[PDB]
> 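Below is a deposited model of Proteasome subunit beta type-5 with carfilzomib (bound form) as ligand.
Below, read A as the first sequence line, B as the second, and so on, with proteins coming before strands; counting in each chain starts at 1. What you see below is based on every heavy atom in this structure, not just the backbone, and it leaves out hydrogens, waters and symmetry mates. Readers should note that the entry appears only in part, and the reported contacts come from within that part. Order of listing sets the numbers, starting from 1, for every ligand and every atom in it.
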Amino acid sequence: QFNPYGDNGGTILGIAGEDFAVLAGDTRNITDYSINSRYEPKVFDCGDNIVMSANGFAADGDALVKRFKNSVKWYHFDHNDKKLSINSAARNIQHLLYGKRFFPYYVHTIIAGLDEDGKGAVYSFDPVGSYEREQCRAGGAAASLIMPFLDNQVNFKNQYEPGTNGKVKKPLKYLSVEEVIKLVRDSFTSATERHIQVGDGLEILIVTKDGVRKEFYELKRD
Amino acid sequence: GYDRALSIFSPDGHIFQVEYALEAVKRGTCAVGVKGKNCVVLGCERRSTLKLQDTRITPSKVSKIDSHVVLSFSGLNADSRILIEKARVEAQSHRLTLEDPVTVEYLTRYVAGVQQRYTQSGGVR
Amino acid sequence: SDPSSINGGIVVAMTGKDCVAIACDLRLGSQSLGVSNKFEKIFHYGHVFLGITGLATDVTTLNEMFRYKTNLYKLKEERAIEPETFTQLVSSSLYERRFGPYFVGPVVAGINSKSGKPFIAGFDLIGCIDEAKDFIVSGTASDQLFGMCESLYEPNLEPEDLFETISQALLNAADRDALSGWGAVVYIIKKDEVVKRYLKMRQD
Amino acid sequence: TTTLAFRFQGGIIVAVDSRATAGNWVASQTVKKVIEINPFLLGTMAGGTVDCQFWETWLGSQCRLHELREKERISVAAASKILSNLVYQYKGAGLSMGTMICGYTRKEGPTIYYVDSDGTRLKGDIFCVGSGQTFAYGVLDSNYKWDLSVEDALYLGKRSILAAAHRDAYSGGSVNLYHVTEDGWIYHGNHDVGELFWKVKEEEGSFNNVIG
Amino acid sequence: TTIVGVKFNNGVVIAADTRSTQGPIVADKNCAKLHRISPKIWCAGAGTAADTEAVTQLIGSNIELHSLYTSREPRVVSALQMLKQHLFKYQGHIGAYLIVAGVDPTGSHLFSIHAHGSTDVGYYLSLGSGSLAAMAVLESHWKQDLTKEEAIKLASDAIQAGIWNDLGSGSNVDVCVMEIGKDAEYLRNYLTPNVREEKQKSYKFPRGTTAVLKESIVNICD
Amino acid sequence: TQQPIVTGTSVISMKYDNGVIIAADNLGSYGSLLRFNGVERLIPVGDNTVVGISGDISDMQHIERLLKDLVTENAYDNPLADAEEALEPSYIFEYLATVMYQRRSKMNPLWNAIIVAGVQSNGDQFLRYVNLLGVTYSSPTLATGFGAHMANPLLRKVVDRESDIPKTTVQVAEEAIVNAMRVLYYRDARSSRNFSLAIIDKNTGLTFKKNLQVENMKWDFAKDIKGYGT
Amino acid sequence: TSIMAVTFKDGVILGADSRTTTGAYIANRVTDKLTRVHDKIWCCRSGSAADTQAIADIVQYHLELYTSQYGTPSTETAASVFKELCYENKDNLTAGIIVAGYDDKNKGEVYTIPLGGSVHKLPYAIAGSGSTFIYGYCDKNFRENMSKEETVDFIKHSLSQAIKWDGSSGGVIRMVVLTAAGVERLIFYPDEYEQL
Amino acid sequence: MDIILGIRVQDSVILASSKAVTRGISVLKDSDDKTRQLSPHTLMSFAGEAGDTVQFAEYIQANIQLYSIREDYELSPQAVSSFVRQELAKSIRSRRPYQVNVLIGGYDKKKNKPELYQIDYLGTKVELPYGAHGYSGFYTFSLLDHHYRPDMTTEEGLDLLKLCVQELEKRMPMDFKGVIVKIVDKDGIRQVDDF
Amino acid sequence: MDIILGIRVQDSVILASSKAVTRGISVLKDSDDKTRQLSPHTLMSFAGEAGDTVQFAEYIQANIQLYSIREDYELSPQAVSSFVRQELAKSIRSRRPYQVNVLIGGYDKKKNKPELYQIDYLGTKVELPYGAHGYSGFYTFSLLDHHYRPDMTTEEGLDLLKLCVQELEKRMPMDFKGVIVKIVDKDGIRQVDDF
Ligand SMILES: *[C@@](C)(CO)[C@](*)(O)[C@H](CC(C)C)NC(=O)[C@H](Cc1ccccc1)NC(=O)[C@H](CC(C)C)NC(=O)[C@H](CCc1ccccc1)NC(=O)CN1CCOCC1
Ligand SMILES: *[C@@](C)(CO)[C@](*)(O)[C@H](CC(C)C)NC(=O)[C@H](Cc1ccccc1)NC(=O)[C@H](CC(C)C)NC(=O)[C@H](CCc1ccccc1)NC(=O)CN1CCOCC1
Ligand SMILES: *[C@@](C)(CO)[C@](*)(O)[C@H](CC(C)C)NC(=O)[C@H](Cc1ccccc1)NC(=O)[C@H](CC(C)C)NC(=O)[C@H](CCc1ccccc1)NC(=O)CN1CCOCC1
Ligand SMILES: [Cl-]
Ligand SMILES: [Mg+2]
Ligand SMILES: [Mg+2]
């Protein structure tokens with residue numbers, strides 16, 4: 001019997017800072033035990049300082065990104081070139097996903113950008129449209145490897161102030177873009193080591209008030 | 001389906017079909033409504049050119065829409081039945097979804113909306 | 001009805017400079033229902049430590065079985081069993097039940113008393129040995145533990161520093177798994193002293 | 001999930017956890033399971049995240065349209081029935097929801113309606129919904145009286161979620177409290193179970209099963 | 001796994017990668033897939049890890065007892081016969097896929113064994129998930145009358161093909177050379193082309209970071 | 001819901017400095033029966049694109065008709081149909097990719113794996129893959145079926161990344177493709193000796209080679225192999 | 001597989017392709033499917049590689065033990081031992097075997113043993129997946145008391161067609177000649193037989 | 001949903017319906033009224049699939065109430081039961097049928113007689129002196145066969161009903177949290193508050 | 001079978017076990033004692049598959065009684081629990097396993113301490129301050145987490161137990177016909193007749 005779904009592997013990661021936000025993702029694309037492409041990007045600039053990635057089944061991922069990009073275009077036409085806010089984009093994506101509640105897009109979706117106060121924002125979606133704003137989210141094949149590391153290093157979970165008898169927690173603070181990229185690169189090199197579907201290359205998209213910058217790094221190709 | 005626009009504007013800005021419907025109302029038997037401090041009363045005329053009538057079975061001029069609302073009318077008798085039926089159905093539909101009987105304002109607003117729809121729908125007078 | 005994930009639990013082991021560490025959570029449940037918060041998964045036979053995850057009845061049974069076997073070993077050999085030798089005994093015993101296996105994920109840890117070399121090892125349910133310089137993981141949050149250990153671990157950590165690394169690896173991995181947690185225990189093992197510490201963690 | 005809401009002398013208490021799971025994977029610890037429909041109406045969420053989120057947000061749009069059309073805030077009964085009639089249309093399609101519509105109006109007073117995805121709709125004083133509902137019931141029922149103070153009622157709701165968060169593997173994260181009065185709903189904070197458990201253990205002397 | 005075997009002038013060489021998987025997770029990044037049956041008869045194993053280790057040790061044990069009994073150096077065909085009859089008896093339930101090679105008084109030999117108990121003879125062979133990637137290289141570059149150094153190069157190149165192109169295979173290349181008249185040389189980690197890059201940050205925690213409830217000295221002594 | 005009946009096996013391809021090469025054998029298999037031997041599975045579109053198709057042949061012939069009709073439709077009311085407004089490889093691909101995904105979404109797929117190879121108007125090499133699921137990807141080398149497992153490893157030794165493309169000539173590239181076709185004949189049970197090869201160069205244009213054969217085969221070592229052990 | 005055995009004036013000749021498959025992958029392109037169970041009694045193997053090897057090994061053991069006690073066994077005796085194994089273990093075996101041997105009294109003989117374990121003595125036999133495509137050809141072209149060169153051509157042309165149409169058959173054409181003169185091995189490569 | 005009973009006596013019809021609403025391993029409510037008034041002298045109890053029961057009951061209630069307003073007249077219990085049966089008979093061959101079983105107790109004012117109708121989800125109608133749906137019948141029918149007489153009073157009928165509830169509370173596996181009892185007679189519908 | 005509870009307090013162990021035996025739609029008995037005395041200071045309650053429960057309980061009872069006669073000595077609760085666990089651990093990999101869950105409440109006379117062990121049919125043993133099997137735990141554990149203290153008296157333990165039974169009687173779907181309560185302490189085993 002024909003199976004309409006497939007698994008293209010890969011993993012993605014979004015972190016938010018004070019005045020910026022990053023959305024990273026590896027460039028490897030696979031089916032079963034074969035590599036299809038060592039460089040196939042799945043993180044996209046969608047305009048209005050919104051970056052997006054839909055990881056999982058690539059055909060559904062591309063379809064969704066394509067539809068959201070098109071949604072942004074028609075938002076401008078219908079509302080006098082108004083900038084689509086990240087919170088509005090998030091709600092719009094929920095309706096795109098839920099529209100196929102009974103034949104779902106098989107993807108984990110993450111978007112990143114700046115909120116209306118200029119502060120960094122990351123939203124994450126399940127395959128059918130549930131969403132939540134967070135400081136931190138990993139998605140895809142190696143999500144279970146990376147996410148607990150982020151809880152520990154970004155949100156300082158299970159870390160207490162030395163000598164305070166485990167009474168005072170390590171205080172929360174924003175991380176610099178330099179410190180965040182360090183965490184991203186380490187997260188992906190670790191994920192590459194222990195997950196077979198992750199590797200080849202890392203592509204990070206950084207979002208500030210000045211626009212959308214890119215950075216690329218090599219990853220192990222085995 | 002029959003599509004013809006029967007209700008349309010005229011050069012002077014009148015919809016003659018709507019205005020001619022008012023003439024039909026003017027022909028109808030008189031109906032009066034008076035509300036007191038703790039009640040409302042609906043009075044209705046019945047023309048006396050009809051003797052040998054059977055008043056037991058003849059359709060009454062005042063109709064119950066629900067147990068707490070009534071509707072009287074003036075104009076074409078056959079037309080009134082269609083409005084009354086719709087109003088009665090909407091009354092039960094309101095109780096079903098809102099779990100509360102209609103207000104008199106709501107029931108009126110619904111009936112008025114039906115009448116309006118027939119002034120800019122194709123194929124109907 | 002998946003034997004390895006009915007009760008839940010995790011075990012992790014690490015190496016350091018002239019030392020080893022092994023840690024486990026304390027939960028025992030029946031699927032969603034948490035039943036006990038005192039169920040330790042690490043045992044020892046002389047200076048050799050064994051942690052076992054998986055189906056709880058088999059964890060208990062295997063502990064009792066290896067206590068049985070190591071006691072007879074010591075009587076006949078007139079010496080304590082070493083980690084490398086014990087590792088082979090575990091493998092043999094598990095593969096004996098090849099087509100009716102114990103649903104477990106054991107982890108050996110200890111220092112060889114002759115050479116002084118730190119030693120850890122892991123197994124699958126039917127006895128395949130997995131040796132490692134750095135770390136071994138096991139249980140329902142093994143994916144989480146793999147991610148924590150791969151990023152946090154560095155070689156030649158001092159006993160005091162190694163404690164912090166293994167504890168953070170376990171705690172943060174346990175918090176991302178529903179069937180693991182409810183307390184934790186860490187064993188720091190030097191050549192001729194062994195410290196056991198209970199960790200404070202979230203109880204949900 | 002674990003969610004509850006109960007009726008008492010001083011109005012309605014509503015308490016929920018904040019965990020979200022995908023199998024045994026803990027996906028989130030910071031999920032908002034209470035939806036603020038208007039200043040006088042609350043909705044709780046249990047079951048499929050998106051189903052609850054999507055349709056309760058939609059419910060809020062339908063309630064807004066009611067007060068625009070009727071020039072009057074919607075009744076709790078009517079609001080709950082919009083949701084229940086909607087899910088009944090999808091009955092058999094596979095929607096997964098356990099919701100509670102809580103609020104105050106003049107004609108009704110404080111009211112709680114249980115609504116689920118197989119079309120059940122029930123008015124009642126006490127309800128617990130979710131995978132850890134039984135754990136919450138155990139504490140709530142054994143300590144519930146109508147004459148509870150606002151202070152004691154807030155604590156019992158908080159304590160009931162904590163009980164379930166502890167025992168149920170698929171409940172946890174943090175407790176979100178709400179109090180609904182004649183004047184509307186009032187938010188009573190986010191309470192992390194990490195700190196709350198030990199604070200409650202020490203001060204109350206309970207949870208003796210746990211290693212102190 | 002990727003494993004290969006290649007015959008040359010005066011003997012035979014076998015090779016293997018060093019990745020062990022647990023679903024999509026890499027369990028062991030440097031495991032030894034080359035097994036010693038007797039001093040000059042070696043085995044490369046793919047499939048169920050416990051089965052390959054257990055079946056190789058059992059036959060290796062019985063070969064040693066046989067060698068002592070007959071006062072003769074063991075032959076490859078004896079190991080081949082004993083392995084295939086054992087595996088056949090279990091009707092494929094013992095998931096061992098082996099490449100058996102070695103030298104003996106009869107000469108140099110190269111065989112493969114499958115889980116159901118069938119054996120094959122050849123000058124070049126490959127087994128495991130990366131066997132197609134390896135066999136592609138072997139079919140392209142293999143010739144008659146290879147030298148020692150040419151066969152090692154061809155064998156390692158066939159393993160490398162698996163390392164890079166197969167997700168099931170990775171990390172390092174192990175080699176064992178069995179030449180006639182000489183001792184067999186086991187070349188553990190003959191190539192290490194997958195070294196982990198320096199991490200961006202040290203994750204050494206300040207002492208006291210972890211909250212502790214109880215301390216106690218454990219008694220290991222009698 | 002379908003099952004494929006008459007099928008075509010691997011399609012292989014790669015980029016080189018000035019263009020792209022693509023190849024596929026001329027067999028139409030009916031299960032294990034090697035039924036049809038004169039089947040062309042490379043279909044040129046204009047003088048700048050070649051579409052290689054594997055999988056179900058009835059669905060391949062349908063796609064042929066669609067591409068044929070696309071050329072006709074593009075020529076309508078188009079004075080620049082043989083110049084600036086000619087069909088690009090990227091246009092032809094996106095059209096097919098759209099169709100493939102729409103068909104999978106209606107649970108009635110075209111049971112194929114497709115590689116569109118060509119050169120754009122600005123000289124850039126184009127090489128992209130699409131299949132019955134609507135899954136798309138691009139790479140310096142691309143292959144379908146057994147080609148993915150056996151050809152790609154060999155072709156990636158020539159062009160491993162982007163920077164290796166300018167360093168690869170058409171002579172070196174064609175040699176690798178022809179070699180890969182030989183390997184597939186050794187090892188794929190549903191392959192044939194006869195095949196077609198196409199080169200699209202930014203300078204010399206489209207070169208379509210028919211009736212090629214696998215040659216220089218090593219079989220002599222077979223005579224020395226006796227028995228299965230003893 | 002495509003396999004066949006053909007009796008002729010001086011004895012009998014066995015023939016086979018060299019392809020072994022796992023699904024559509026060719027695990028071995030130079031396989032030897034013609035195997036010795038005794039000096040001048042050989043067999044063609046089709047079906048499961050494991051089953052046919054295990055069977056052939058057991059038969060070789062039985063005939064070696066037979067020879068030690070009672071001298072050279074007949075070709076019929078060899079076929080009977082194959083049958084006994086195939087019939088009694090029919091539920092657990094996938095083996096289609098052709099037995100062929102040369103006596104001096106009985107000359108060339110061919111016995112075929114299908115899946116069920118039945119025995120059939122024939123002038124010539126064909127078997128394996130690829131045999132289906134050459135029933136028509138072989139029936140029309142076979143003659144009794146052929147010469148060596150004629151029989152080699154008959155087998156070569158037959159297996160050539162079987163290989164051409166069957167995807168599960170290919171590689172080289174191996175042959176084994178059984179006569180009073182001795183045992184001769186023959187091989188024929190694609191470049192020759194494909195263009196017949 | 002689970003237990004619904006009905007007894008027709010000399011001058012009235014008595015309906016008893018369980019109060020429990022259970023889902024999974026939790027009794028969510030112990031005061032549920034499993035009945036709707038269709039008209040002043042007609043009452044319908046119901047039991048079956050969750051959601052379907054109330055949706056169906058209220059849909060019938062709306063239709064009968066609509067009829068009453070339109071004609072300014074109350075339909076006979078027999079007429080209401082036939083309408084209900086036909087709706088269920090349509091339903092059973094729908095894409096998704098109503099899985100609801102009902103009892104209709106009414107007092108016919110023209111005949112001055114009480115009437116009890118039992119209708120299952122297939123649309124199977126029968127007029128009976130006493131009726132039950134689900135597993136309840138397996139205990140109550142045999143009990144009523146013995147103790148029931150056609151000329152009983154309303155008080156005698158309530159004692160007969162107490163006997164049924166006692167038996168069910170003794171031998172039924174599930175706790176159904178008692179019953180709500182309602183009487184239908186010449187003066188309309190009323191609820192017994194102490195049972 | 002269904003509900004079995006256990007609470008260990010300062011100086012005793014208290015076991016509560018439901019009285020109902022149900023098969024199909026009939027409660028066959030409402031006075032069933034789901035326990036066996038293994039030794040003078042050791043009591044075992046049980047619940048699970050029909051037939052298996054009593055067969056297993058009596059088999060364990062026979063073995064412990066045999067031991068007592070042979071050695072003229074009473075096994076410790078810990079020793080009895082380990083014996084029971086091993087028997088269940090053997091059973092689970094048998095042709096037909098015992099589908100029985102047990103609680104073992106005992107008073108160790110050498111330590112002068114009460115002990116409560118919970119063992120499931122797989123052979124999973126845990127020592128606990130309070131325990132339960134089946135769906136009962138889903139209500140009682142959270143309740144006991146709140147109200148239980150380690151230094152409670154036997155009377156305080158019985159009130160705590162009444163609180164559990166009340167909750168179960170309110171929220172459980174099935175009627176389990178109350179419980180038989182038994183206390184194990186330094187003076188042996190005795191039954192509370194009025195609960
Ligand atoms: C308690 C905490 C648990 O029951 C509560 O009931 C909460 C309610 C809150 C969140 C409102 N429920 C859940 O957390 C709920 C449990 C559940 C899961 C699936 C079906 C029904 C109930 N969890 C979810 O809904 C998660 C929420 C995500 C993690 C944010 N979502 C999923 O599991 C999704 C969608 C499930 C689904 C429903 C209907 C049709 C299709 C899919 N599935 C995935 O994300 C798939 N999966 C993620 C892991 O990677 C592999 C793919
Ligand atoms: C390449 C990598 C893949 O073909 C090689 O062939 C290697 C061979 C080398 C290592 C000898 N193959 C593997 O690494 C092999 C892949 C595999 C997995 C499952 C079946 C067949 C092949 N991996 C293993 O055998 C691992 C060894 C681990 C890393 C120690 N074992 C497992 O994954 C076991 C499988 C055990 C098994 C039992 C019964 C029948 C078949 C296999 N699985 C688990 O441990 C999973 N699970 C964890 C929770 O507890 C219950 C078991
Ligand atoms: C022609 C090909 C057909 O008649 C010949 O008969 C030859 C006979 C020669 C080799 C003696 N037959 C084969 O090559 C034979 C075809 C076959 C396959 C399966 C069952 C019966 C016959 N091939 C094999 O026996 C291979 C040889 C291996 C690769 C060395 N073995 C397999 O394909 C095994 C056999 C498992 C089996 C099944 C039923 C009975 C006995 C054994 N199968 C696999 O490994 C399964 N494989 C797993 C991955 O998914 C693809 C299938
Ligand atoms: Cl073979
Ligand atoms: Mg690889
Ligand atoms: Mg929990």
> Which parts of the structure correspond to carfilzomib (bound form), copies included?
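Counting every copy, ligands 1, 2 and 3.
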> What other chains come closer than 4.0 Å to carfilzomib (bound form, ligand 1) by at least one heavy atom?
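Other chains, by heavy atom: A, D.
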> Return the PDB molecule name for chain A, nothing more.
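It's listed in the entry as Proteasome subunit beta type-6.
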> What residue and atom, if any, carries a covalent bond to carfilzomib (bound form, ligand 1) in this entry?
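Covalent bond to D/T1 OG1.
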> So, looking at chain D, which UniProt active-site residue gets closest to carfilzomib (bound form, ligand 1)? And what's the heavy-atom distance, to 1 Å?
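Going by UniProt and heavy atoms, that would be D/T1, 1 Å.
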> Enumerate the residues contacting carfilzomib (bound form, ligand 1) with a heavy-atom distance under 4.0 Å.
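By heavy-atom distance, that gives A/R101, A/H108, A/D126, A/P127, A/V128, A/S130, D/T1, D/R19, D/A20, D/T21, D/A27, D/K33, D/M45, D/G47, D/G48, D/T49, D/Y170.
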